[PDB]
Structures are given as structure tokens and as C-alpha cells.
Student: 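I came across a structure with L-thyroxine and want to understand it better.
Positions are given from 1, in the same order as the sequence printed here. Just so you know, these numbers use all the heavy atoms, side chains as well, and skip hydrogens, waters and symmetry mates. Remember, it's 1-based here, ligands and their atoms both numbered in the order they're listed.
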Amino acid sequence: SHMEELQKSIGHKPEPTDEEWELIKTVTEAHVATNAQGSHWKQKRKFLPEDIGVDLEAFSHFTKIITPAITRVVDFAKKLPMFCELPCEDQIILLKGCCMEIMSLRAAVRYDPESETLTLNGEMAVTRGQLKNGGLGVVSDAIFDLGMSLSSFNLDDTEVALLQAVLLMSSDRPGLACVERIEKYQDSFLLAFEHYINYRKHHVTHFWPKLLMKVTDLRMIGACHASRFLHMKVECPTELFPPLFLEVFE
Ligand SMILES: N[C@@H](Cc1cc(I)c(Oc2cc(I)c(O)c(I)c2)c(I)c1)C(=O)O
């Protein structure tokens, strides 16, 4: 009985309703499925040679593995019924919007402080420099700084999945038709996410506000990548652009 605000005047911290656990199980599984190499990534990963890394040899490695990265985000979305409930133009609009946001999140949570690397596609471990010089520029710094910061959040697969869901259901992308409906699905994810955090009892003060701030930072990564993507088309050759890469980023 979502009295919600009232339960937040008394100071109780509401856990997930029965319906919310269902939504949480769906999003979680969507993610775990489409997350290249689940919990097995730290030993499955080849460090890219110190000598590689606009440095074009670098770029070519990242573009080689980017089409599967993209598609595993479309797959994450497909596995959300709310996404299925939307028109075809809206779906494409939402994906193009969140694709880098999600991929960046997936990379940043595989930050390893021992090596100072992130791991892409669960397949390849890069440094900040290698990722910067291979085309991202300062978006690399953005992602590394983020990964470094999410170290203390200790996110679990559910937390990352819900974050992905919040990024996907963004009502402000341009061109959308079903805005109010996307906002409602969003609010539904945020409400379950908060609830799930209450349940997790993280030992960090002001955990939720803090994690919402990361949504923004992800958004910024994405914006900033759009711009990097123009700087790229002029520097690297139309040749090394996987078709799907082009179609998502336009
Ligand atoms: N690790 C994620 C996927 C992921 C793949 C790549 I490859 C990547 O790096 C780039 C590099 C360039 I250059 C681009 O132009 C773009 I978009 C992404 C990032 I960050 C994330 C996953 O597990 O799903």
C-alpha cells in the first residue's frame, strides 16, 4: 500500500513489494544473461600489450569488439517486457540513447585497482591511456574515474541491472512518442531500485542520492562520447567503422 511518503515521514526504509521482486528478478536476469562472461571475467581477460596505444592500431582492436558489445545491450532491453511494450521508433530511440551509457557502466564496474585496468566485453583489459589514445579521449578519463569511484559502492548484479534499466527508460530523448509511458516505467524501476537498496543496507551514508549522481555522470559520458564520435569520423577512416557502430551513433 504505497503510502510511500508517509513511510518516509516515519523513517522506515521500505523494502521491495512482491510485484517489485518480480520486476527485480526480470531485470536482474536480463542483465546477468547479457553480461559477457558473468562472474568469471577476472581470469578470462587478456591485457592488451603496453605497446598498443588518434592511435589507430588501438582503435582497430576496440572496433573489432564493439559490435557484440552493442548487441548485448539490445539483448538486455529485449528481455524487458516494458521495452517490448513500446513502438518500434521509440525502442530504437531509447537504445541509441543509452547504448554508450550502458556500455560505459559495464566497463566501469570491471575496474581493477591492482592492474589499473577496465575490461571490455569481458574479453580485453585496457589502461586509461590505451582507451584515451585509441579514440575516447577524455571519455576514458570519465569512465576510469567512475569505475574507481564505484569501487566503494559495491554494486551487485541487481544494482547494475537497475541502473541499466533507469538509463534505458529515459523520457527526455528527442523524438520519442510515448514519453509519459516511458516515465512511468522509469519511475517504476527507480522505486524498485530504492527499495532494493533499502533492503541491501549498504554501509555508506546517503547511498541513493549518491548513486543517482552516477546516472548523471553516465549521461554525461554518453554526451561526451557523441562528440568524440564526430572527432573520430573526421580523424579515423570510414573504413574501420563497424556498421552497427555507425547506425547507433549516427
Ligand atoms: N565492456 C562493455 C562494452 C564496451 C565495449 C567497448 I569496444 C568500449 O569502448 C569503446 C570504445 C570506443 I573508440 C567507442 O567508440 C565505444 I561506443 C566504446 C566500452 I567504454 C564498453 C560490456 O561489457 O558490454
Student: Specify the chief binding partner of L-thyroxine in this model, using its name in the PDB entry.
Tutor: Thyroid hormone receptor beta-1
Student: Any chance you can tell me which UniProt L-thyroxine binders of chain A have a heavy atom closer than 4.0 Å to L-thyroxine?
Tutor: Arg72, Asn121, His225
Student: Looking at chain A, which UniProt domain houses most residues near L-thyroxine?
Tutor: NR LBD
Student: Report the UniProt 3,3',5-triiodo-L-thyronine binders of chain A that come within 4.0 Å of L-thyroxine, using heavy atoms.
Tutor: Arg72, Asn121, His225
Student: Define the binding site of L-thyroxine with a non-hydrogen cut-off of 4.0 Å.
Tutor: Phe62, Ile65, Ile66, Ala69, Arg72, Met100, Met103, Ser104, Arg106, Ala107, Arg110, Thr119, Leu120, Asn121, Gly134, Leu136, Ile143, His225, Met232, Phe245, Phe249
